[PDB]
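LSZ102 complexed to Estrogen receptor, as determined in this entry.
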Amino acid sequence: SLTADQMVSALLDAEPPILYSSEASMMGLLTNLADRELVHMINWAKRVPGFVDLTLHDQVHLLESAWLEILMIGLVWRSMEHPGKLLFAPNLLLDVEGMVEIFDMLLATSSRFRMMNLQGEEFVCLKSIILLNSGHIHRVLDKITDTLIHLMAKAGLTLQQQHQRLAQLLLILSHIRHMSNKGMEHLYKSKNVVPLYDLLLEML
Amino acid sequence: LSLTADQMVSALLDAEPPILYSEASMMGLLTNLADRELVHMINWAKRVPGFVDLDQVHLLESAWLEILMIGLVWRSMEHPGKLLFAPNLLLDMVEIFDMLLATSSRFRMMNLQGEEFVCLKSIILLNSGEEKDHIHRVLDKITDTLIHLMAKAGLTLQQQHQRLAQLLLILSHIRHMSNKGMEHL
Ligand SMILES: CC(F)(F)c1cc(F)ccc1-c1sc2cc(O)ccc2c1Oc1ccc(/C=C/C(=O)O)cc1
Ligand SMILES: CC(F)(F)c1cc(F)ccc1-c1sc2cc(O)ccc2c1Oc1ccc(/C=C/C(=O)O)cc1
């Protein structure tokens, strides 16, 4: 029911904080950083319009299917004004076997956003898209498109420039889904970061 | 890049490969089918306005299973519960099979037109990966094509953007389907 300006302001208020923090040392840091970031992500997801109307079962499913893409799109957004480096935290700016191909993708994605001049208002829309897309849900997904296109028209882009930019923005998401799949394959061995159902249920 | 929307949709519709035919028996039949489908794909790709002007090898290395999946998902559309691999090969790993039925159900639920299906395939192929901007400008042209095809259909500007968004968010699903399809292979 929210207006496109009311929506973008709710997403901007929903925004999580920026957190702080050898192969095993670096991994112990990344594992711990994401763990604490997961708790702030569950609070954020409930601040996203429409997600809290959903049954706990649906909320779980979406988060389990999107917790790494959400972490990565947040990462790629922070790291953006730091070319050649990945700002996992303000005290954790980096540049481990197998992890090299994934790091290089996350660098390329960050480099794409910057060249494309990604804005914070479009970013909060995209991260909200990923949460709701991972799995009424299509009614909300339509509302975030209307918000993105409203922000493109408010910025002065022509109707052509609007649908062209929307598409480029929605295709970089195929890459984020890919970066997530390869990451899930790499990390898993066992899991040290608490399954999100235990967390979501623990928080209510 | 000089090409119009109707010139782009018809150029791709012309490039459309033919429909082909057919446990160890099922996988062997599928390996053989796919192996014959890659030769038609490799040739279709050369007919994608922009693609032959390249790097082409890696784009088919990334999109070969996404293209095989979108094709399968497009064929099997009026066959709910079953997957139409070939007219003589209709089957009804289970995870990948279910993920493929859901996509086809979404394709049915959206009334996805063939003219829009060719555009998705060409976007899949190009977005799978001065020479780098060539891919960008072509994708921005397939998007004008998709929006024009919608304009013709009678949809409003708001009903156009939503539908563009709807179809594009399905490519994240087919990227995911391919990735988990690769692990299984
Ligand atoms: C290259 C790389 F580091 F980005 C990268 C490469 C991969 F293969 C996979 C993930 C990544 C990322 S993106 C990211 C964003 C952030 O805000 C914070 C942490 C991380 C993180 O690292 C992680 C993420 C999760 C875990 C969990 C382990 C467990 O359950 O035991 C460990 C390390
Ligand atoms: C369930 C399933 F069959 F869909 C499926 C599950 C997966 F995990 C991965 C892919 C699939 C698909 S999608 C498809 C579409 C088509 O038009 C035709 C064949 C196939 C095919 O099967 C394949 C694809 C490639 C190979 C290669 C083997 C080799 O190099 O030895 C074997 C079987």
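Protein chains get the first letters and strands the later ones, always in sequence-line order, with residue 1 at the start of each. Note: hydrogens, waters and symmetry copies are ignored here, and every other heavy atom, side chains too, is used. Both ligands and their constituent atoms are indexed starting at 1 by order of listing.
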Map LSZ102 onto the structure by ligand number or chain letter.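 It's found at ligands 1 and 2.
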Which other chains lie near LSZ102 (ligand 1), in the sense of having some heavy atom under 4.0 Å away?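 Heavy-atom neighbours of LSZ102 (ligand 1): A.
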Taking a heavy-atom cut-off of 4.0 Å, which of the residues UniProt lists as 17beta-estradiol-binding in chain A lie that close to LSZ102 (ligand 1)?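 I count these UniProt residues with a non-hydrogen atom in range: A/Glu37, A/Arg78, A/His186.
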For LSZ102 (ligand 1), what is the UniProt domain of chain A harbouring most contacting residues?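 Per UniProt, it's NR LBD.
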Report all residues and nucleotides of other chains within 4.0 Å of LSZ102 (ligand 1) (non-hydrogen atoms).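 Heavy atoms within 4.0 Å: A/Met27, A/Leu30, A/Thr31, A/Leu33, A/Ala34, A/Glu37, A/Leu71, A/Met72, A/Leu75, A/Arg78, A/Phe88, A/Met99, A/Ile102, A/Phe103, A/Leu106, A/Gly183, A/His186, A/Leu187, A/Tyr188, A/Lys191, A/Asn192, A/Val193.
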